[PDB]
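Bound complex of Sodium-dependent dopamine transporter and vanoxerine.
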Amino acid sequence: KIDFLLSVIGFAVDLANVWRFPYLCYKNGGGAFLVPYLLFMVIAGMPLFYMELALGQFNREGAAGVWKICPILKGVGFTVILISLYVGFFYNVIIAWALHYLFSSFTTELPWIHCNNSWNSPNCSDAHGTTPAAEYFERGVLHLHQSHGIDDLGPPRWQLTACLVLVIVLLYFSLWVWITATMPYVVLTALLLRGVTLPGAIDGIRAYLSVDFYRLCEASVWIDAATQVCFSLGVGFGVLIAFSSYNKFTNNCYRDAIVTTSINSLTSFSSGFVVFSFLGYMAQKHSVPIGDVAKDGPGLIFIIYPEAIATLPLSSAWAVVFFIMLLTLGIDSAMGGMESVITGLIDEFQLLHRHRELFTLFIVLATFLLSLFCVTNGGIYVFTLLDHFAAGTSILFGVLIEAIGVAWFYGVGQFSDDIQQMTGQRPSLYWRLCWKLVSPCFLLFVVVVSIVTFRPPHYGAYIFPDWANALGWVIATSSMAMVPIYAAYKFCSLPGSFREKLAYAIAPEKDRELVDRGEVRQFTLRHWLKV
Ligand SMILES: Fc1ccc(C(OCCN2CCN(CCCc3ccccc3)CC2)c2ccc(F)cc2)cc1
Ligand SMILES: *[C@@H]1O[C@H](CO)[C@@H](O)[C@H](O)[C@H]1NC(C)=O
Ligand SMILES: *[C@@H]1O[C@H](CO)[C@@H](O)[C@H](O)[C@H]1NC(C)=O
C-alpha cells in the first residue's frame, strides 16, 4: 500500500535524472534527444526491468549467484561489479561538489552573483563575455585555469579533499525515508513554478519541444539515449537483482515494472523542462542564442541552478535547501551502488563472511584513493574521460549478454513458468517476443554502431590526446573481457570429454539428474526455436 508507493518514489528519482539527463539533452539537439530516448525506453527498458526484477526475485541471489541457470556465463556478474566500481569512482566527486556549494551557501551574499572578486577575468559581463556563475564555478571551485590539459594535472586541492573525506566517512558509516523521498519533488515543483513565469521561458520551452529531423540521422543521439536509459533505470549495474533478492516470493514484479518506468520517465521530462525553461530566460537576458550560452559537460545544472536561485526572494535559504536535497540524493545513489558490489562479492566468496567491516574499509579506501585523481587542478578532464568510457559500450554489451543468456540458453518458456510459479499469471506474447527477438537485435545494433563509429571526448575546446583515448579503451575493455576469461576457465576446469564438458557448462545446475542420463535440453533445436 503506502509502503509500496513509497518504494516506487525511491526508484523514481535519482541523481541520473537531475544531473545527467538535462546535460545530455542540451549536448544533443533540444527535443531531438526525446525521440530515441522514448523509443528505446518503450522497446527495451520495460522488458529488461521486468527480466532483472523477476530473475532476482526468483533465484534469490545478488549478482553472480543467479547464473546457476547457465554456469558458463558467470562473467557478466563480475562485469557489472567492475562497471559499478568505475561509476562510483567519479560519482563521489559530484557529492563533494555539492558539499562544497552547501558550505559556501551559508553567507549573507552568495559568491556567484557579480564579478568583482579575485577569481574573475576581464571577460566577465554583468547582465550583458562570461556569466559570473560559470566563471565562479570553473575558476573558484575547480581552478581549471591552472591546468593545461589532462597531461598536466597537478597536486590535489585541499579544499575538495576534505569534502571527499567527509563523503567517504558518511558513506562507510551508512554502509558499515518519509522526508528524504518527498523533498526533491517539492523542490523541483517550486523551481518549475518559478521558471515558468520568467520573461524568456517560452523560447526555451519551444526549443525543448521542437524535434530536429536532421539530428536523428547521426549515430550519437541513439547511443546517448540507450546509455541514459540504462543509467536511469539501473539496468546493467547489478542493483535491481540484488535489491529484488530480498523481496517476498509472492510479490507482483509486473506492476512494479509498469509503474516505476512511467514515473521515472515523467520525472526526467520534468527535469529537462525546468532546465530548458531557465536556459531560455538566461539566453534572452544575455542577448545570446540558446545554444551559445553554456558548454556541453558535467558543469551544467551546477552553472544553471545557482543563477535560478539568485532570482528568488530569500536566495540563501533556497540555496541551502536545494544543496541539502542534492547531497542526500547523491549519498543515497552512491550507497546503493556500493552496496550492490559489496553484497555481490560477499555472496561470491566464502572467506569474506568473517570479513565485513575489514572488507568495506578496503573497498571505500580504494574508492577514495581512485577518486583523489578528480580533485586535482585538471580533474574535470578525468571526470569527462571516466564519464565517457566507464559505461556505454561495456554496459550495453553486458545487458546484451544477460538478455541472450536468459532468453536463449535457459529458455523464455521456462522463465515464464518460473514467473507463473510466484505470481498467478505468466507473460503474454508481447513480453516473450520483446525478451527473445526485439531487444537483443536492437542492443546488438547499438553496440556495433558504438564500436565502429567512435567519437573522441572533449571539454568545450580541449581535444584529448591519443594516449588518453587508448587508456579509455583499455578501461572500457577491462570489464568487458571478464566473460571469455571465465568461460575458458570454466570449460577447462570441468572433467570429462568435450561433450560432457559442454553439457555440464550450458545446462542448469538444477538439471544434473536429467543430464546424467543423456537428456540435455540444449542439444535439440526445438529448445532453440521455441518462443
Ligand atoms: F541493493 C539496493 C539497495 C538500496 C537501493 C536504493 O536505491 C538506490 C537508487 N539506485 C538507482 C539506480 N542507480 C544506478 C547506478 C549508479 C551508480 C552509482 C555509484 C556506484 C555504482 C553505480 C543506483 C542507485 C533504494 C531506495 C528506496 C527503496 F525503497 C529501496 C531501495 C537499491 C538497491
Ligand atoms: C569592482 O570593484 C571596484 C573597486 O572596489 C569598483 O571601482 C568597480 O566599480 C567594481 N565593479 C563594478 C562592475 O561595480
Ligand atoms: C577578453 O577580452 C579581451 C578584449 O578586451 C580579448 O583580447 C581577450 O582575448 C578576451 N579573453 C578571452 C577570450 O579569453
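Residues displayed in chain A correspond, in order, to the PDB entry positions 66-193, 209-256, 266-620. Both ligands and their constituent atoms are indexed starting at 1 by order of listing. Every heavy atom of this structure was used, including side-chain atoms; hydrogens, water molecules and symmetry mates were not.
Within the model, the positions assigned to vanoxerine, copies included, correspond to ligand 1. Of the residues that UniProt lists as binding chloride in chain A, none has a heavy atom under 4.0 Å from vanoxerine. Proximity by heavy atom, under 4.0 Å to vanoxerine, holds for these of the UniProt dopamine-binding residues in chain A: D79, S149, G153, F320, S422. The PDB records the source of chain A as Homo sapiens. UniProt's transmembrane segments of chain A, taken in order from the N terminus and checked for a heavy atom under 4.0 Å from vanoxerine, yield 1, 3, 6, 8. The residues lying within 4.0 Å of vanoxerine, counted on heavy atoms, are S72, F76, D79, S149, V152, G153, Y156, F320, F326, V328, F332, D421, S422, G426.
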